[PDB]
2 protein chains.
Amino acid sequence: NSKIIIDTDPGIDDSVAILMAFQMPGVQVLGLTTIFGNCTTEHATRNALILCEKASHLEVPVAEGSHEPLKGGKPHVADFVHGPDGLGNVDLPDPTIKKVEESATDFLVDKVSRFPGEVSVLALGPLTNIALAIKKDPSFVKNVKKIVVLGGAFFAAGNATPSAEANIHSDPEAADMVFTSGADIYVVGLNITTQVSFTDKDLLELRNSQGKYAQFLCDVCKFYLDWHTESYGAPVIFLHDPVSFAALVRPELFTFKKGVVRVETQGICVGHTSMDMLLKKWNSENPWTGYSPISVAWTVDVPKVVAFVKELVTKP
Amino acid sequence: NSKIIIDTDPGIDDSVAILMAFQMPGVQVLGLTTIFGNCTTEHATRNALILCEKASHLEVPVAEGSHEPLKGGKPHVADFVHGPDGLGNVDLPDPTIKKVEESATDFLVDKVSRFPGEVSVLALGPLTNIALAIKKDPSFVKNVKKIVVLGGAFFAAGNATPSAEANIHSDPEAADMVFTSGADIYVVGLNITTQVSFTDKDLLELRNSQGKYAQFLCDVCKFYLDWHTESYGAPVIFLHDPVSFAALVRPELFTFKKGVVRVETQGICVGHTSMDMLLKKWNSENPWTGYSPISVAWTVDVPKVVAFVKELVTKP
Ligand SMILES: O=c1[nH]cnc2c([C@@H]3N[C@H](CO)[C@@H](O)[C@H]3O)c[nH]c12
Ligand SMILES: O=c1[nH]cnc2c([C@@H]3N[C@H](CO)[C@@H](O)[C@H]3O)c[nH]c12
Ligand SMILES: [Ca+2]
Ligand SMILES: [Ca+2]
């Protein structure tokens, strides 16, 4: 049983990924650590607790994280994507279970130090809690097994601006800190996830299946599909967070390229992820020379990832 | 007949492109406007005059442009690529012809205003002179026939930094000004030019040909080839500027995608070209929404571009 901590802003696709993790054999969810992005951190915390309740996992701790990015200020949330409270149009009563007292930072630090070399972190939102855990404990990057990040856009369009993917754009300083931290990092960007199309047809099939959470997953994905159809002009949704979950437990369905990743933290291209490709020898030193390289998901076996997500969500 | 002005930093591949333009039927070179990049502006001016002499085009004016980018300061020149002199360490006698008195800015403004809708500008270097022409005259963007730009890297690695192509990196403010100006612009980036490989075998065939400028072009390309062999680890050169010349006179050999292009002018990603693909409706305004889209070369018929360059340089 592989120990994982999911740092998340649920969030419609995060909810799919969280329920997939609870349904995944050989995986133990130590806890959910929450962050803003798709919704406010308080809405993310409420949705994480609703998910734990829904999955009969009342014992899985939910530790609330940062309410603001590292630079401070009230975050702009993707409510036009994930609904006013982050759960699309799904009307569910408030959870009875409560968050634990410890912050996401402290929860991350404690579990990694308690089980050194055993815990994998799946980062589904902005990287604020992860950068904060790094700031707090210098042994965190050495003791964390790996960090699988859903974020960035490597030689692909961003979704927050033409240049930036949302999770990175939501906290550029945190992302740059994490990517240069020297931890064993695997980054899954929009270059990968926009290749994995899920259709209106796939959702209707799911609605008509025996999947444990099929009804809820279709109800929650409805707002998500309506927004994608409106914004992209196609009845296709991208399940970014489930795709990164596949990179975490089925990394053989992807190929990874190693290289230094830096994040633009200022200007019009704020949130942009730039990777040094190692194909050209630099005549002069630059912001990418001297850092530890990380792994960036480069290719993806799309039918196999689709089949893997479907297997987990259709499971009775 | 087609009237063109070539803005250039010759430069080894610029020299190939300039001699190709002089060898191109139905093309009239109104003049060469010089800029820094591959070498200092004074070295670029000397090389442009040497090229006009070599080509028996003593009547073609050479107008010297800016010595610094728009933001000021001394530019870093690509002498490791184009030699200390900008011609691959080939010593040539000083030209007898002299530059005209007018600056590149004034030359560009005068010819465009004198022949409205007739003049095409081929931009082979940093875009400083073109930005200065737009700043001086608001009718420039309306009266220039088109601007064909060799610059940027669209969803591809840069060659100045992992994030930026050299011409843009050399003057980011000028590039951002040109790209948002509303002129009819066509941009050919590294995403295109790195697809058009020329080898040590192609250079030996050129030396075996009766090409008018074969001796000179093989002499200057030895430095260019040695640097590519050293930096890229392959006996392959990229003739970026000749490829943009092919986009100018044979645009049917490429496909173009329309989109708004902005340039990062600060931070680690300075010089980065980010294109809004226009496939996603933005929920909020951003630095890419209030501008006229430009055309970005998307695909290229590589054998046809190679054959076109070879035909022009092997021509006795
Ligand atoms: O279009 C979008 N804009 C902003 N965020 C998202 C997301 C969320 N942000 C991440 C992908 O940008 C992912 O974790 C997902 O939960 C999906 N689509 C969009
Ligand atoms: O590797 C390079 N670094 C910087 N500039 C160039 C160039 C010049 N700069 C442009 C392409 O980056 C093009 O106009 C060419 O003349 C070729 N190769 C390199
Ligand atoms: Ca998320
Ligand atoms: Ca050039």
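So that the names make sense, note that chain A is the first sequence line, chain B the second, and so on, each numbered from 1. Values below: all heavy atoms of this structure, side chains included; hydrogens, waters and symmetry mates excluded. Counting starts at 1 for both ligands and their atoms, in listed order.
- The drug assigned to ligand 2 in the PDB is forodesine.
- Contacts with forodesine (ligand 2) are greatest for the chain named in the PDB entry as Nucleoside N-ribohydrolase 3.
- Other chains with a heavy atom closer than 4.0 Å to forodesine (ligand 2): A, B.
- The shortest N or O to N or O distance between B/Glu165 and forodesine (ligand 2) is under 3.5 Å.
- Contact annotation: for B/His169 versus forodesine (ligand 2), there are no heavy atoms closer than 4.0 Å.
- Interface of B/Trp227 with forodesine (ligand 2), defined as ligand atoms under 4.0 Å from a residue heavy atom, comprises 1 (O).
- Annotation: B/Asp241 places an N or O atom under 3.5 Å from an N or O atom of forodesine (ligand 2); distance criterion only.
- Under 4.0 angstrom from forodesine (ligand 2), the non-hydrogen atoms of B/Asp14 all belong to its side chain.
- Entry annotation: the source organism of chain B is Zea mays.
- Here B/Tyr224 has side-chain heavy atoms under 4.0 Å from forodesine (ligand 2), and that is the only part of it that gets that close.
- Contact annotation: for B/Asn38 versus forodesine (ligand 2), heavy atoms closer than 4.0 Å belong to the side chain alone.
- With a cut-off of 4.0 Å around forodesine (ligand 2), the other ligands and ions picked up are ligand 4 (calcium ion).
- The 4.0 Å heavy-atom shell around forodesine (ligand 2) contains A/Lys280, B/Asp13, B/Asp14, B/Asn38, B/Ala78, B/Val81, B/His82, B/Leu124, B/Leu150, B/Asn159, B/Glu165, B/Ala166, B/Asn167, B/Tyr224, B/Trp227, B/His240, B/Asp241.
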